Undergrad: 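Structure in structure tokens, see below.
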Number of protein chains: 2
Amino acid sequence: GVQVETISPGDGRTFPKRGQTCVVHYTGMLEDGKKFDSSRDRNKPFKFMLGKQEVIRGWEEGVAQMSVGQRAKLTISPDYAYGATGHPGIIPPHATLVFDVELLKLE
Amino acid sequence: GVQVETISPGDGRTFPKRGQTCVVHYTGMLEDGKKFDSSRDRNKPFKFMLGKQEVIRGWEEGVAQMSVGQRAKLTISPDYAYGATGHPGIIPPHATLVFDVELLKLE
Ligand SMILES: C=CC[C@@H]1/C=C(\C)C[C@H](C)C[C@H](OC)[C@H]2O[C@@](O)(C(=O)C(=O)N3CCCC[C@H]3C(=O)O[C@H](/C(C)=C/[C@@H]3CC[C@@H](O)[C@H](OC)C3)[C@H](C)[C@@H](O)CC1=O)[C@H](C)C[C@@H]2OC
Ligand SMILES: C=CC[C@@H]1/C=C(\C)C[C@H](C)C[C@H](OC)[C@H]2O[C@@](O)(C(=O)C(=O)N3CCCC[C@H]3C(=O)O[C@H](/C(C)=C/[C@@H]3CC[C@@H](O)[C@H](OC)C3)[C@H](C)[C@@H](O)CC1=O)[C@H](C)C[C@@H]2OC
């Protein structure tokens with residue numbers, strides 16, 4: 001499933017609804033902290049909409065639990081991410097993923 | 001995992017090794033038989049190599065158990081395919097996939 005652990009609290013009242021665009025910054029890491037990707041390194045937020053199979057399920061369920069301005073660590077089991085296959089040449093088979101996500105705005 | 005059920009036997013001696021190119025024809029279906037893709041409909045075999053995260057894990061383990069000329073049904077659990085996310089706009093969350101695969105040749 002997905003576990004959400006809060007680094008900095010959000011506003012406690014504006015939570016993502018389907019059809020809104022979530023604007024986020026993220027750093028993706030393996031369980032030992034090794035970074036494989038980051039939008040912060042590109043200085044460009046990532047945007048996506050809930051409800052459209054646009055992101056791995058771990059993100060669809062984890063970001064829905066965050067309010068605007070919150071920064072959280074999402075730990076996602078392989079079945080809610082790339083499972084037994086992994087993602088070619090970046091993520092191994094059976095990997096639990098850790099994302100540092102900041103929900104900046106809803107559009 | 002992956003279950004392999006044989007429709008027509010292969011030669012019983014030439015099995016795929018890593019670094020060989022497998023040439024196949026396939027039809028992918030949901031568990032109720034609804035077709036979502038087929039190389040046979042495009043009249044063009046699909047080619048891939050074992051060992052390179054080029055296909056879902058269910059195929060890497062299932063085709064390794066087939067010999068040249070064999071036609072088999074591969075039933076693949078969601079964790080060995082697209083898990084809880086699915087594949088956007090084609091495959092739902094938590095779907096077991098059935099592939100009719102024919103191993104035509106190894107290159
Ligand atoms: C159309 C092609 C390019 C298109 C690319 C972008 C818009 C640029 C965007 C910043 C992605 C990154 O590009 C630098 C890069 O992000 C990762 O590094 C990563 O951190 C990650 O895991 N993320 C990204 C941030 C949201 C969560 C997750 C994801 O859900 O990502 C999604 C993903 C890969 C899901 C698959 C989709 C197929 C399903 O079958 C499978 O389901 C099992 C899950 C991405 C957003 C796709 O929806 C759309 C894309 O692919 C991947 C390790 C590899 C990925 O590059 C491809
Ligand atoms: C570079 C982009 C285009 C590139 C496309 C081709 C060479 C054309 C090729 C005939 C694919 C089909 O195009 C008509 C189409 O085949 C499906 O319909 C399907 O029947 C299927 O399931 N197949 C295809 C036959 C082998 C098994 C499986 C697969 O393993 O496919 C792989 C797959 C999607 C794996 C993801 C990769 C990311 C991982 O993170 C994730 O791991 C959880 C698993 C394909 C071969 C990729 O390796 C490479 C591609 O994507 C998918 C439902 C959607 C897919 O279109 C994209």
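Just so it is clear: chains get the letters A, B, ... in the order the sequence lines come, proteins before strands, and each one is counted from 1. All values below were derived from every heavy atom in this structure, side-chain atoms included, with hydrogens, water molecules and symmetry-related copies excluded. Numbering of ligands and ligand atoms starts at 1, following listing order.
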Undergrad: Hey, which drug is sitting at ligand 2?
TA: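 It's recorded as tacrolimus.
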Undergrad: Specify the chief binding partner of tacrolimus (ligand 2) in this model, using its name in UniProt.
TA: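 It has the most contacts with Peptidyl-prolyl cis-trans isomerase FKBP1A.
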Undergrad: Quick one: other chains with a heavy atom closer than 4.0 Å to tacrolimus (ligand 2), which letters?
TA: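 Heavy atoms from other chains: A, B.
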Undergrad: Indicate, as side chain, backbone, both or neither, the part of A:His87 found under 4.0 angstrom from tacrolimus (ligand 2) when only non-hydrogen atoms are considered.
TA: both
Undergrad: Okay, covalent or not for tacrolimus (ligand 2)? And if covalent, which residue and atom?
TA: none
Undergrad: Tacrolimus (ligand 2) versus B:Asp37, non-hydrogen atoms closer than 4.0 Å: side chain, backbone, both, neither?
TA: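 Only the side chain of B:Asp37 comes within reach of tacrolimus (ligand 2).
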Undergrad: Compare B:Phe46, B:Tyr26, B:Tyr82, B:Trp59 and give the one whose heavy atom is closest to atom 21 (C) of tacrolimus (ligand 2).
TA: B:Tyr82
Undergrad: Among the UniProt domains of chain B, which one holds most residues within contact distance of tacrolimus (ligand 2)?
TA: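 The answer is UniProt domain PPIase FKBP-type.
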Undergrad: Within the structure shown, which other ligands or ions come closer than 4.0 Å to tacrolimus (ligand 2)?
TA: ligand 1 (tacrolimus)
Undergrad: Taking atom 43 (C) of tacrolimus (ligand 2) as the point of reference, which of B:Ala81, B:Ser39, B:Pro88 owns the nearest heavy atom?
TA: B:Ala81
Undergrad: Using a 4.0 Å heavy-atom threshold (strictly under), name the region of B:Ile91 that reaches tacrolimus (ligand 2): side chain, backbone, both or neither.
TA: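 The answer is the side chain.
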Undergrad: Please verify whether a non-hydrogen atom of B:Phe99 lies at under 4.0 Å from tacrolimus (ligand 2).
TA: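 B:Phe99: in contact with tacrolimus (ligand 2) (<4.0 Å).
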Undergrad: Have a look at B:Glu54, B:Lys35, B:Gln53, B:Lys52 and point out the one with the heavy atom closest to atom 47 (C) of tacrolimus (ligand 2).
TA: B:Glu54
Undergrad: Should one rank A:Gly86, B:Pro45, B:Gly83 by closest heavy-atom distance to atom 41 (C) of tacrolimus (ligand 2), which comes out on top?
TA: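 Nearest heavy atom to atom 41 (C) of tacrolimus (ligand 2) lies in A:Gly86.
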Undergrad: Just wondering, which residues come within 4.0 Å of tacrolimus (ligand 2) on a heavy-atom basis?
TA: A:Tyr82, A:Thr85, A:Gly86, A:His87, A:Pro88, B:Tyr26, B:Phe36, B:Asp37, B:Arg42, B:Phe46, B:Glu54, B:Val55, B:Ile56, B:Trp59, B:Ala81, B:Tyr82, B:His87, B:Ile91, B:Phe99
Undergrad: Could you check tacrolimus (ligand 2) for N or O atoms lying under 3.5 Å from protein N or O atoms and list the pairs with distances?
TA:
{"from": "tacrolimus (ligand 2)", "atom 1": "16 (O)", "to": "B:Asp37", "atom 2": "OD2", "distance (Å)": "3.2"}
{"from": "tacrolimus (ligand 2)", "atom 1": "18 (O)", "to": "B:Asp37", "atom 2": "OD2", "distance (Å)": "2.8"}
{"from": "tacrolimus (ligand 2)", "atom 1": "20 (O)", "to": "B:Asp37", "atom 2": "OD2", "distance (Å)": "3.4"}
{"from": "tacrolimus (ligand 2)", "atom 1": "22 (O)", "to": "B:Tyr82", "atom 2": "OH", "distance (Å)": "2.8"}
{"from": "tacrolimus (ligand 2)", "atom 1": "30 (O)", "to": "B:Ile56", "atom 2": "N", "distance (Å)": "2.8"}
{"from": "tacrolimus (ligand 2)", "atom 1": "40 (O)", "to": "A:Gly86", "atom 2": "O", "distance (Å)": "3.1"}
{"from": "tacrolimus (ligand 2)", "atom 1": "40 (O)", "to": "A:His87", "atom 2": "ND1", "distance (Å)": "3.4"}
{"from": "tacrolimus (ligand 2)", "atom 1": "42 (O)", "to": "A:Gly86", "atom 2": "O", "distance (Å)": "3.4"}
{"from": "tacrolimus (ligand 2)", "atom 1": "48 (O)", "to": "B:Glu54", "atom 2": "O", "distance (Å)": "2.7"}

